[PDB]
Structures are given as structure tokens and as C-alpha cells.
Undergrad: 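Supplied in C-alpha cells, the structure appears directly below.
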Amino acid sequence: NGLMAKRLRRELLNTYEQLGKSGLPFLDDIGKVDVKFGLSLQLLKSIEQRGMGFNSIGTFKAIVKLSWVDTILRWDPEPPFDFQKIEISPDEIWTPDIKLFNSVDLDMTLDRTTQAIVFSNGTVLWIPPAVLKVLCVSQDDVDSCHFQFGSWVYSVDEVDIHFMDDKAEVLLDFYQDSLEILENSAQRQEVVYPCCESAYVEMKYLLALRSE
Amino acid sequence: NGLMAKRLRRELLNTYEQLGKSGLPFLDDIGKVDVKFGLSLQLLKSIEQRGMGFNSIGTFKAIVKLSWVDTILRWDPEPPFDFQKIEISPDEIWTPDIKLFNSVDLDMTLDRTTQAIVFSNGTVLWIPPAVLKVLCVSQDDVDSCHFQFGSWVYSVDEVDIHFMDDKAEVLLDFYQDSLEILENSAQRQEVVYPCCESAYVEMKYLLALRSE
Amino acid sequence: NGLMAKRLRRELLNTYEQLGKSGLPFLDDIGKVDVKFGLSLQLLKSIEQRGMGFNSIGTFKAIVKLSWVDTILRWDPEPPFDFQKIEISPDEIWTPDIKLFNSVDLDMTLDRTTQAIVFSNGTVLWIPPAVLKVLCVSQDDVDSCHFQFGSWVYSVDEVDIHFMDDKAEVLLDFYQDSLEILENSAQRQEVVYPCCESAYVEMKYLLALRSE
Amino acid sequence: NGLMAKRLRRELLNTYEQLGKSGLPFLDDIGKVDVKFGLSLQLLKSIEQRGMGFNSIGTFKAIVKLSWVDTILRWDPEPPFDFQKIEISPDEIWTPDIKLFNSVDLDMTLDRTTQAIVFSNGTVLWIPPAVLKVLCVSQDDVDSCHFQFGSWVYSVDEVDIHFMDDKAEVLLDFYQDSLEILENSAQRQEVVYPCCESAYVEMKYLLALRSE
Amino acid sequence: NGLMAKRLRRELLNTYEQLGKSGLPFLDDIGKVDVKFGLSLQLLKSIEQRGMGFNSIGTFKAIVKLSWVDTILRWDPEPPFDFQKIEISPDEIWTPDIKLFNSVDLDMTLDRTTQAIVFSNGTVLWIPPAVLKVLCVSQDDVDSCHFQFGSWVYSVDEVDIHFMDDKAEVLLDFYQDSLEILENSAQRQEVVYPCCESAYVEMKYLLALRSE
Ligand SMILES: *[C@@H]1O[C@H](CO)[C@@H](O[C@@H]2O[C@H](CO)[C@@H](O[C@@H]3O[C@H](CO)[C@@H](O)[C@H](O[C@@H]4O[C@H](CO)[C@@H](O)[C@H](O)[C@@H]4O)[C@@H]3O)[C@H](O)[C@H]2NC(C)=O)[C@H](O)[C@H]1NC(C)=O
Ligand SMILES: *[C@@H]1O[C@H](CO)[C@@H](O[C@@H]2O[C@H](CO)[C@@H](O[C@@H]3O[C@H](CO)[C@@H](O)[C@H](O[C@H]4O[C@H](CO)[C@@H](O)[C@H](O)[C@@H]4O)[C@@H]3O)[C@H](O)[C@H]2NC(C)=O)[C@H](O)[C@H]1NC(C)=O
Ligand SMILES: *[C@@H]1O[C@H](CO)[C@@H](O[C@@H]2O[C@H](CO)[C@@H](O[C@@H]3O[C@H](CO)[C@@H](O)[C@H](O)[C@@H]3O)[C@H](O)[C@H]2NC(C)=O)[C@H](O)[C@H]1NC(C)=O
Ligand SMILES: *[C@@H]1O[C@H](CO)[C@@H](O[C@@H]2O[C@H](CO)[C@@H](O)[C@H](O)[C@H]2NC(C)=O)[C@H](O)[C@H]1NC(C)=O
Ligand SMILES: *[C@@H]1O[C@H](CO)[C@@H](O[C@@H]2O[C@H](CO)[C@@H](O)[C@H](O)[C@H]2NC(C)=O)[C@H](O)[C@H]1NC(C)=O
Ligand SMILES: c1cnc2cc3c(cc2n1)[C@@H]1CNC[C@H]3C1
Ligand SMILES: c1cnc2cc3c(cc2n1)[C@@H]1CNC[C@H]3C1
Ligand SMILES: c1cnc2cc3c(cc2n1)[C@@H]1CNC[C@H]3C1
Ligand SMILES: c1cnc2cc3c(cc2n1)[C@@H]1CNC[C@H]3C1
Ligand SMILES: c1cnc2cc3c(cc2n1)[C@@H]1CNC[C@H]3C1
């Protein structure tokens, strides 16, 4: 019943509406959110030499894949709320503050008009298109670019991150370019920053392309 | 009477106001939406070569034609509501989340200030201008460009798509350019993705133009 | 001027706030809006050749003049609302959905922060600055550009358009450029489009400039 | 007391919240606003030749100085409200609709995130950074540009403007560039436009720079 | 406990929601805010010569670190509110109107989606990514750029600024680029402007880079 599904969504989001979306998605003991992160390269928009040196600005189109558990968004799918999943705007719920740390701009842009899917067990799946702009090195007809992703404010004890499906690499399931990929690797690291005390998960990707 | 036309719109949109626009547009049994989709090319803004290779970024101006049934928006056209249709803003109702998947930008942009028309039987007709930016291949004086569209989060059992008027081609009813069309074809496919275990409808268009 | 003027505004706008701005501006019998439309070229921002062919993107700065009657916004200029006119934001009242049909972008842009003036008899006068981008033919030291304007969703029976001051031409009352105008004419037509059965008013301007 | 300072703001703004920001800021009826206006050039962003002719688009960074009396925002500085002034967002009160009439874009841009200061007698001082884009003439190593400002919809009987501190020139109090200023004058005129009945104040500035 | 954390935030923010975020952050006697300010250069996006002279527009990516005390945001860290800190959105609280005075655009941009952290004694720590665009001098293979930061409307008796950790230099703790830094110094100045009577704190940074 369509009415019941919309009523369900309203009941679930009432918490976020009343208490706000800030803060880890827990009402009981504060736990650790483990985010599964995937980066799916679609295409290269441009690689533009910076001045006359060996560096360049690389602009990429990708699909970013995020999954995590939100215990506030759980329900028991017994009638009249027998729904396995519901679609939800990501601006109406908590979302991980994972940012492209080494963005040449403020951050990558994610398409936050795309909906997330939340399952009855509170697992959220959000797969936003993204534009990423980073500083690359262009030498010997190769463009080497790095991407570092991490939660802005939450340490490893608050927000953890692991490769979605344990695939430590740029994903090619949405790939739609003709570029020759010469390197494609990634690593998860727990990084201490000079400004701050505790450690933060960093997902670091290295992508090397043949120059056109 | 004008006031009655406005009260009708208010009465119809009350559901969306109280409950939000997320979720398939059904109040009773949740069915399948079937979107008729038409892509009407108007002009080419630019085709710009990427680096010194064979690919280029093609920027197009089009009109995207969408029609679907919203059962929430139905009325008996008996007086004093004897209106055949009413105009409504697309941001006050559910609209399909159809994205240009292979956009070089986050997505194509639709002019969401343009009104939709809704008829008394719940059929919605929305015809927004659109800007689309895709990767083309520019070889031997021919620019070949693909456009891939589909619902982001709804599978074929939830939101289906068919070509408007069953015309599987870029439509030329708004075409105002001087470019020579060398190929113009399109296919509807039900596609299974690695990430996800259901099939999604995709409309894939191929357009080839004589290069200027 | 004054709190009573503001109280007058609140009363006039209560209908639009309660009922919404969508729908023809008619209190009682729904009639036809007659829009008076004026296009006043101010200057050329740029004319940029498209690739290596004879077409170009011409970007213009203009002032667009619009007037129409809104019978909802009428009042008797008697104590204590003895005002001949008041200023109102265009986004608080119905406005004609008149679009630049052949825009290379989604539409021309109008400055919707500029206020409209409403007179006690319901006559609205709104004169927003505008930026217009269209495809021109640049041949033989002449740039020839067209502009096609019309209501997006309203047919001739619903919204009509006529040239302001009866001048079927681009108006030069705000012209501050040095370009030589070589051709300047316009036509009002009632047009049937392949998608739809009703006739829509189209205003088509032809402008031709000596090239720099 | 800091919370009393906030209570004062809330009480002052109550009127604007209840009645709206539109309309001249007299509490109430009869009155002419007199705006003091200053244009302080900070630097040249760029001058770009238009095509191959003698015209250019000049983009400038400036600080615009505005002051006027809002009689709605007056208070007696007696305890607990013994404040000589308070800060207020310009989007919470009426501001003059003073636009760059000859803008190549819709209008100059003002940083409306910057606060205004209001004194107890109702004097408002607002000093936003601004970006101004105009069409210049570039001949004989001189770039000559003009800037025209006026209220969009208010005539001289409604909104008047005078040069701040009676300085009829581009102010250099914030000048940080290296460009040689060759001419720098301004004139206040009362202008009748063909389109419209009344006279409107126009501050017309002339600035000539030695070309780099 | 998660609910308590959220209830605490809502309680702290209740003042800002009822009275507004404008005005200095003092529950009682209005005092002087002391802002600690750090600028961490991350990378150079571009240095673009302006015209054909010796000036250039430098666009930088940085991380701005800001800290001050907000007495409104204090709480006793006693059960059930035994939390050492909570994260809060900078758009729900007062933040210093610290602007890049010599910005070539309206201002530098800060990523205001990033969360601030507030400690129980009212100390707020906010570390937004930033894009800074300024005018530089490019002579003898050196690009010299200045950056001037200050509160826009608050004088020294209202908002003070001091260098974070008393390091009067551009900080290199997030520096990810290959450019050689030739000069790096900064000074805190109290400045009186011609336009206005009080003294304002200005943090002036000098950065010189080896040209590529
Ligand atoms: C609703 O209210 C509208 C606003 O008042 C009104 O619109 C205007 O109509 C007035 C009066 O007709 C117009 O003012 C005149 O414009 C014409 C042409 O520019 C002039 O010829 C005229 O001069 C008059 O000329 C006479 C001698 O030739 C002289 O004796 C008269 O004193 C007078 O000087 C006026 O200047 C004005 O342009 C209109 N304004 C706008 C914004 O449209 C509508 O007519 C009214 N609607 C209805 C249906 O009543
Ligand atoms: C309110 O709570 C906040 C958070 O707990 C608290 O701020 C913390 O204060 C400590 C101590 O001042 C700060 O620690 C400093 O960090 C910097 C660099 O990391 C050091 O330079 C400081 O050095 C100290 O030692 C110096 C010589 O070695 C001395 O010159 C100096 O005076 C210090 O003694 C010091 O280690 C810490 O940065 C903050 N924490 C955060 C995250 O803000 C604050 O003290 C409390 N405020 C009040 C008014 O009680
Ligand atoms: C309303 O209150 C405002 C704010 O106090 C008054 O404006 C201010 O007026 C004072 C007194 O004239 C000005 O001070 C003067 O400036 C000149 C020039 O530097 C100086 O030579 C004088 O000795 C004097 O100090 C001040 O500049 C001005 N401030 C601002 C920002 O406007 C205003 O006069 C009051 N209006 C009325 C009608 O009382
Ligand atoms: C929460 O429920 C969801 C949906 O049923 C579970 O997700 C699917 O799990 C199966 C089995 O591992 C996978 O094959 C699918 O890929 C998952 N679907 C999607 C779209 O994510 C999920 O595993 C459950 N979470 C927990 C904690 O068990
Ligand atoms: C709902 O009503 C609309 C409007 O009457 C129908 O659209 C008409 O459909 C017929 C048959 O397809 C077309 O020939 C006409 O062009 C349409 N009329 C207009 C004014 O557009 C629509 O078919 C109806 N939908 C259903 C499912 O019955
Ligand atoms: C509180 C607020 N902002 C932070 C920003 C950053 C960090 C910690 C923060 N803690 C380090 C880790 N994430 C990005 C930067 C550096
Ligand atoms: C839930 C949320 N987002 C999704 C995005 C996509 C898909 C499924 C999703 N499911 C696949 C189908 N549509 C676009 C991508 C790939
Ligand atoms: C309903 C919704 N959108 C429409 C768009 C157009 C038209 C009719 C529409 N009817 C024709 C007339 N105006 C522009 C295009 C074509
Ligand atoms: C009402 C609404 N808009 C107007 C725009 C202008 C004018 C009067 C208006 N009156 C003249 C003065 N200001 C700019 C243009 C021309
Ligand atoms: C009130 C409103 N705006 C101001 C802008 C500035 C100043 C004072 C202001 N006072 C001086 C200090 N801050 C920037 C400029 C110059």
C-alpha cells in the first residue's frame, strides 16, 4: 500500500526532523559506523597542464558508492509496514562526511539529488555520481593522479571505512572511456594529522593513465 | 472558475505536502510507473576535442519529453472541478529520477522551473529544456555521441521506460541546427548491474553528426 | 511607503500564499491573459564561432519588458489602502512562463530579484534585465541571430502575447553598444508544434549585426 | 547583555517578519529615502577584448558603500536595550534596489552575506564587496569604462542617491592594484527613460585606465 | 548514549533557534571574541597572468583553521550530558565574519558543510577547506602573493584575531604540492580605515613561490 509506505518514511524521518541530522546515527550506545566505500571511474573530463611544469589538474567523472548502517532508520516489516526498502533523500538523513581531502576545489561534488535506498535492517545504500578534481603529475606521456578520501571530523573510533566488496582499486563497472589505464591501486590507511590527536581512516587511490 | 481551479490543485497536492514526494506515485496498491521518454535534439552548443586524442566533449541543447501516470493526482472532472487539466510545478510532485548516466557532468540539467501539465486521469506531461554533455568520438570528420538514460534507483518492476510514440531515435520535432545527421538510433535495454541484484531499464541513443 | 502599504501587500498576496501562484491569474471566470512583450537590446557580450563552421554562439544583454493584467491583485484605492500602485517580488505572484525557446542554454536568464509594479486595476509591469544566448549564422561580415519567445505551457486561448508599443522589432531605448544594426524585424505567430494539438503564440525576432 | 542584544534585534525585525521587506522603510507613510553611495575600486580582475574590435569586457573587484535611514529599525538606547548599534543581515531588512544598469551580466554581484550595521536612530551602513562587469572601450593604450547605478523601480521622489561624502569619483580608499588611473569622474543625473514616466536618479561613473 | 547527545545539541542550539545566530556569542556581558586563525596551504590550482603585465590571478587551495569561545554553547559535562564535545553545523551557530579582504572574487569560499566541533567549555574548533583567489606579482620567475584576513564588521574590541599556535606564517601541515616556497611570513595588524572610525584586526600573509 502506497500510503503506508509514505507514512513509514515520515515516521522514520520524524527522528531526524525532531533531533536533527547531526551526530553519529545511534540513539543508544554510541558505536562505530563502518562505511563501505567504492570509487567507480566513468571517464576523464580533462587533464590540463598547470603553467609550464610537470603538474596538471585532472578532472574526472565517477560514481561514488557508499553503504553504512543507520540504526535509527530500522523497522520491522510486519504489516501494514511490510516493505523491505524505501527510498530517501540523502539530505533528510545522516550521511558520512567523507570528502576528497586533496581536492583542488573545496571538495568533489556529489549529486545529492540522487536518492538513497534504506533497507528494513537499517543498511543504507547511496550511489551518487561525482566530479573529482585533483592535482596530477604528467611525465613521460603518463598522467598519475591520486585521490584521498576520508571523514572530515570523525576519527577511526567513530567512522571507519573499508573498500566495498574488499576491492582495493578504482572500479570499472561504470567505466565508459577509451583511456589506457597503466596503474590502478589503493590502500586503506589510518592517518594521524599534525593538527589533531587521533587517527582518521584515509582511502588512497592511485590512477595512472596514458596521456592523449 | 479560477479560484476553484486553484482549490483543486491545493486539494490534489495536499498528499504530497503532508507526506513528501518520495516513493512511487500510488496511494493504494503500489504498481509500476511506465515513463514515456522522448529526446528531441534542438542544437549543438559545442564539440570540443579532449587533449590531442580522438575523443571530444559534446554539449547539446535538447527538449526532454516525459509522460507518466500519477494516480495521486486524479480527479473526477464533475463541476465545480470541471477542469480537463491543471498546470503544476515538477518540484511539487513526484517525478521520475531519470538521469543521463554517461554525463561528463554530474547529470544533464533539466529546467525544473518549467511547469508540468496533469490531466484529470492522472497523466502527467512534462517537457523540460535540457542541457546534455557527453563524451563523443571524433574521427574522420564524424562525431559519434552516445546518450544513456535510466531511473537511478528504480528497477523495471517499479519504473519502466519506453520511447515516446515508440520512436527509437533522437526526435527532430524541435531541431534547429544546420548539422548533418549521419546516424540516429536507439535501443531500450533491461540491464543488470554488478553492484545490484535487479534489472533497470536503460535507453541508449547513438547520434552521429558530420563535423564542422 | 508605510505599514498600511505593507498591509495592503499582505492582503493582496494572501490569495497566492493560500492557493499558490500556479494557474492563470483569474478570480472568477477564467479568461485569457494578454501579455505585452518588449525586447530592448542593451549590448553584445560575445559572438563566438562554433568550431570551424559558419555558426556562432551570440550572447546578449537585454532588458525584457512585460505587462499583463492580474485580476487577483486588484483593489479599490480608497482609505486606508489609497495607493495607486505597489511593488511586489515576481516570485510571489503569477508571472507569464515566457521562455526563450531557441536558447542554447536551458533558457534566457531574467533577474527575478527585480521588483514588479502592480497598479490598483491589476495591471502588472515587470522590467527585468536578461541574458540571452542563441545560435547565430556568421557569414559575409554579418552576424544574423534569431530569438523565439513564447509561453511554455499556455496556448493562445490561455496566454496571448503582443509586441509592446506595437513595435515589431528589437527595441533600442536601452541600446548602449557601438555595433551597427543591419536588420531588425519581428513577427507574432500562432504556432502548432508536432508534440501537441493547441496553437501557442510565438514572437520571433530577427537581428543582424555588422561583425567586428 | 548579549541575549538582550538578540531580543532587541528580534523586536526590531518583528515588523519585517510579519509584513515583509518590500516597500520603502517608513514606519509609516510618506517619505523619501536618501541613499549615500560610494564606489571604492579595489582591483582589476581582467579586461578582455571583444572579438577583434575596439570594445572589451572589463571585470572589476570593488567595495560598494551604502547608507540610508530605516525608520522601522529605530529604538531608544535605554536599558535594557542600551545599544548604540546592532548588526543585521541585509536579507532580513529592506535594502535599496540599486543595480549596475549597464552590467554585461544581469547585474553586478554584491556579497549579501556581509552584515549591515544599524544605529539606534535608524541609520543603516552596509558595505558589501562587489564584482562589476561592464563594456569598455580600449583604444590607444587606454581602457575607458563607465558604471551607471540607480534604483531599478524607485523614482527620485521615492529613492534619492548622493555621492557618499560628496566625492563624485571612484574612491581609492581600498585601491590595491598597480594600474594607472587616467580619468576618474562621476555625475549625478536625474533621468527620464523612454519606457517609463518618472525621473530616476543615476550615478554615472567614468574610469579610464592605462592599458597593461 | 546517542539520544542524550542529540538532546544536548538541541538544547544548546535552542537559543540560536529562538533569538537568531546574529550578534556576538555571549550569554551575559558582551565581551571580546578572541579568534585563533591558521592558514594551511594545500596546493596551487593556477597562476594566470593578467593581460600582458606583471600581475597574475593566483588561485589556491587551503585549509582554514578557526577557533573561538561561544559561552552560549557551554554545558556541564555531567551525566546524562557527560560528553566532552559534540559536532555542530557552522550554519546553526554564530561564526566570525572573517573575510579575504583582497579577494579577486567577492570573497574566499569556505566549505560550510563541514562540521565544527564544540567542547563543553564553549570552545568551538572549525576547520573548513577554502579556495582563495588573489592578485599576485609575477616577476623574475617568482610569484608573490598577499592574503589579508579580517572580520568585516567587528572592530578589535569586539572580535580579536591571533595566529593559531602563535605561528605567524602560512602553515605547511597540509602542504601537498611540489612548488618551492621562497617567502612565507605573516603579521597581525590593527587597522583604521578611511570609511569608518574604529580599528580592525587584519592578518596579512606574504607568500612567494618559485614560478614553474
Ligand atoms: C490600469 O491602470 C494602468 C496604470 O495606470 C493604466 O495604464 C496606463 O495608461 C495610462 C493612461 O492611459 C498611460 O499613460 C498615457 O500613455 C499614453 C501613451 O504613452 C499617453 O498618450 C498619455 O498621455 C495622455 O495624453 C493626453 C493628450 O494626448 C493628455 O491629455 C493626458 O493628460 C495624458 O498626458 C499618457 O501618458 C500609461 O502609459 C499606462 N501605464 C502603464 C504602466 O501601462 C491602464 O490603462 C489601466 N487599465 C485599464 C484597462 O483601465
Ligand atoms: C576548553 O577546552 C578546550 C578543549 O579541551 C581547551 O583547549 C585545549 O587547550 C590545550 C591547552 O591550552 C591546547 O593545547 C595546546 O596545543 C598547542 C599546539 O598543539 C600547544 O602549542 C600548547 O602549548 C602549551 O604549551 C606551550 C609551551 O609548550 C605554552 O606556551 C602554552 O601556554 C600551553 O601551555 C598546548 O599544548 C589544545 O590545543 C586545546 N584543545 C583543543 C582541541 O582546542 C581549552 O583550554 C579550554 N578553554 C578554557 C578557557 O578552559
Ligand atoms: C544617526 O546616527 C548616526 C550614527 O551615529 C549619525 O551618523 C554619524 O554622524 C556623526 C556626527 O555627525 C559623524 O561623525 C562625524 O564625522 C565627520 C567626518 O569624519 C567628523 O569630521 C565629525 O567630527 C564627526 O565625528 C559620523 O561620521 C556618522 N557616522 C555614520 C556612519 O553615519 C547620524 O548623524 C544620525 N542622524 C541623525 C539625523 O541624527
Ligand atoms: C540488510 O538487508 C539487505 C537487503 O536484503 C542485505 O543486503 C543484500 O545482501 C545480500 C546477501 O549478502 C547481497 O547479495 C546483496 O548485494 C545485498 N543487497 C544490497 C543492494 O546491498 C544486507 O546484507 C543486510 N545487512 C546486514 C547487516 O545483513
Ligand atoms: C489521460 O488523458 C489524456 C488527455 O485526454 C490522454 O491523452 C490523450 O490520449 C490520446 C490517446 O493516446 C491522444 O490521442 C491524445 O493526443 C491525448 N490528448 C491530449 C489532450 O494530449 C491520455 O491518453 C489519457 N491516459 C490514459 C492512460 O487514459
Ligand atoms: C575537527 C574538525 N575539523 C577537522 C578537520 C580535519 C581533521 C580533524 C578535524 N577535527 C583532520 C582529519 N580530517 C580533515 C582535517 C584534518
Ligand atoms: C540503490 C541506490 N542507488 C543505486 C544506483 C544505481 C543502481 C542501483 C542503486 N540502488 C544501479 C542501477 N541504476 C544506477 C546505479 C546502478
Ligand atoms: C505541456 C507541457 N509542456 C509543453 C511544452 C511545449 C509545448 C506544449 C507543452 N504542453 C509546445 C508549446 N510550448 C513549448 C513546447 C511545445
Ligand atoms: C517599474 C518596473 N521596472 C522598471 C524598470 C526601469 C525603469 C522603471 C521601472 N518601473 C526605468 C528606470 N529603472 C530601470 C528601468 C528603466
Ligand atoms: C560596518 C559595515 N561594514 C564595514 C565594512 C568595512 C569596515 C567597517 C564596516 N562597518 C572596515 C573594516 N572591515 C572591512 C571594511 C572596512
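Every chain is numbered from 1 and lettered A, B, ... according to where its sequence line falls, protein lines coming before strand lines. Remember, it's 1-based here, ligands and their atoms both numbered in the order they're listed.
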Undergrad: Which drug or drug candidate is found at ligand 10?
TA: varenicline
Undergrad: List the chief contact partner of varenicline (ligand 10) in this entry, with the name from the PDB entry.
TA: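 The largest share of contacts goes to capitella teleta achbp.
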Undergrad: I'm curious which other chains sit close to varenicline (ligand 10), say any heavy atom under 4.0 Å. Can you tell me?
TA: D, E
Undergrad: Identify the closest protein heavy atom to atom 10 (N) of varenicline (ligand 10): which residue and atom is it, and at what distance?
TA: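 Looking at atom 10 (N) of varenicline (ligand 10), the protein heavy atom closest to it is E:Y200 OH, 4.0 Å.
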Undergrad: Looking at non-hydrogen atoms alone, which of D:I63, D:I117, D:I127, D:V118 comes nearest to atom 3 (N) of varenicline (ligand 10)?
TA: D:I127
Undergrad: Hey, could you tell me which residue and atom have a covalent bond to varenicline (ligand 10)? Or is it none?
TA: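 No covalent bond is modeled.
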Undergrad: Tell me: protein heavy atom nearest atom 11 (C) of varenicline (ligand 10), and distance?
TA: E:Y193 CD1, 3.8 Å
Undergrad: Is E:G150 near varenicline (ligand 10), meaning one of its heavy atoms is under 4.0 Å from it?
TA: no
Undergrad: Relative to the heavy atoms of E:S151, which atoms of varenicline (ligand 10) are at a distance of less than 4.0 Å?
TA: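 Result: 13 (N).
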Undergrad: Geometry only, no angles: is E:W152 polar-contacting varenicline (ligand 10) at N/O separations under 3.5 Å?
TA: yes
Undergrad: With varenicline (ligand 10) as the reference, which other ligands or ions fall inside a cut-off of 4.0 Å?
TA: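 I count none.
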Undergrad: Does D:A116 have a non-hydrogen atom less than 4.0 Å from varenicline (ligand 10)?
TA: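 Contact check D:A116 vs varenicline (ligand 10): negative.
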Undergrad: Could you walk me through which residues contact varenicline (ligand 10), taking a 4.0 Å heavy-atom cut-off?
TA: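 By heavy-atom distance, those would be D:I117, D:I127, D:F174, E:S151, E:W152, E:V153, E:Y193, E:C195, E:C196, E:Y200.
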